[PDB]
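A structure with amiloride.
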Amino acid sequence: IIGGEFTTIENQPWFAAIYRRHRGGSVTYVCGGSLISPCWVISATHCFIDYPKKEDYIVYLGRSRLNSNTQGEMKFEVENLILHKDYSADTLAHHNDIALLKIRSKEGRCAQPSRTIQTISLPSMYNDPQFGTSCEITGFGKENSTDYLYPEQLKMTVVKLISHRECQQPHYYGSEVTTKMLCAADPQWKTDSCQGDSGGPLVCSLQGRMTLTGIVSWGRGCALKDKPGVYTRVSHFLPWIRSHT
Ligand SMILES: N=C(N)NC(=O)c1nc(Cl)c(N)nc1N
């Protein structure tokens, strides 16, 4: 997250930190995710497409820091890694960038709700917030394009939803963005999601209710003028989400 502020997991209880195990014992951060139900985490397919091995992933819930433990956090293995069949990636754009991760603890149990661990509501069929609506994003992603390391503390920022028409302009993304995607950015181009924030949530207060409106998917650079963040439109994937869960 470029700009924005440091926050704690208590403020983003549905946030899931996904790591990959390596040979030797070195674990590295992969992407963000969201707890949609006690046993299910939703993320982006591009995060796992190159290494589809469920055994190599570790999902953390209730975690505020990247490389240190947080009181009340819970560790989970991945029981089932469901990637979208029609996933494809063009020059910039990622299509059908959505993934489901069925989680289970060592004891075979799912997530147990607490002050630092909660689920987020999915949207209604084709019912998104009107454009111009403010939404928040969270992640352990880069703070600047020039950084090679990720921030140690979780961050968040607020961005505004941009209409499909505006995002399809020539100077923006043109015909690369589709109706299955959502654009969002800071009107002043100061804050934005970046590398590392992928798979994380785009949360919008819809009709007095926190709703998972999008999943961080792609963008040209980070916080660049006329280059909004692009998110997977959760409302258009409800049939797919329900059929696999
Ligand atoms: N402007 C944005 N919102 N950009 C990104 O979200 C993003 N950028 C880069 Cl450079 C990347 N590797 N992954 C991303 N998800």
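Sequence positions, counted from 1, serve as the residue numbers for this chain. Order of listing sets the numbers, starting from 1, for every ligand and every atom in it. Side chains are part of it too, since the values below use all heavy atoms of this structure and drop only hydrogens, waters and symmetry mates.
- Most-contacted chain for amiloride (ligand 1) in this structure, per the PDB entry: urokinase-type plasminogen activator.
- Most residues of chain A touching amiloride (ligand 1) map to the UniProt domain Peptidase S1.
- Annotation: atom 13 (N) of amiloride (ligand 1) to nearest protein heavy atom, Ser198 OG, 3.6 Å.
- Using 4.0 Å as the threshold, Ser217 has a heavy atom nearer than that to some atom of amiloride (ligand 1).
- The entry attributes the source of chain A to Homo sapiens.
- In terms of polar-atom proximity, defined here as any N/O pair under 3.5 Å, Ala223 makes no such contact with amiloride (ligand 1).
- Amiloride (ligand 1) has a nitrogen or oxygen under 3.5 angstrom from a nitrogen or oxygen of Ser193.
- For atom 4 (N) of amiloride (ligand 1), the nearest protein heavy atom (residue, atom name, distance) is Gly221 O, 3.3 Å.
- Of the candidates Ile137, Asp192, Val216, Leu202, it is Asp192 that places a heavy atom closest to atom 1 (N) of amiloride (ligand 1).
- The protein atom (non-hydrogen) at minimum distance from atom 11 (C) of amiloride (ligand 1) is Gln195 CA, 3.7 Å.
- Residue contact check: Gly229 has heavy atoms under 4.0 Å from atoms 1 (N), 2 (C), 3 (N) of amiloride (ligand 1).
- The shortest heavy-atom distance from amiloride (ligand 1) to a UniProt active-site residue of chain A, with that residue, is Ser198, 3 Å.
- In terms of N/O distances under 3.5 Å, amiloride (ligand 1) is not approached by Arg220.
- Binding site of amiloride (ligand 1) at 4.0 Å (heavy atoms): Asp192, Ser193, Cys194, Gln195, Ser198, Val216, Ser217, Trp218, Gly219, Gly221, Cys222, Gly229.
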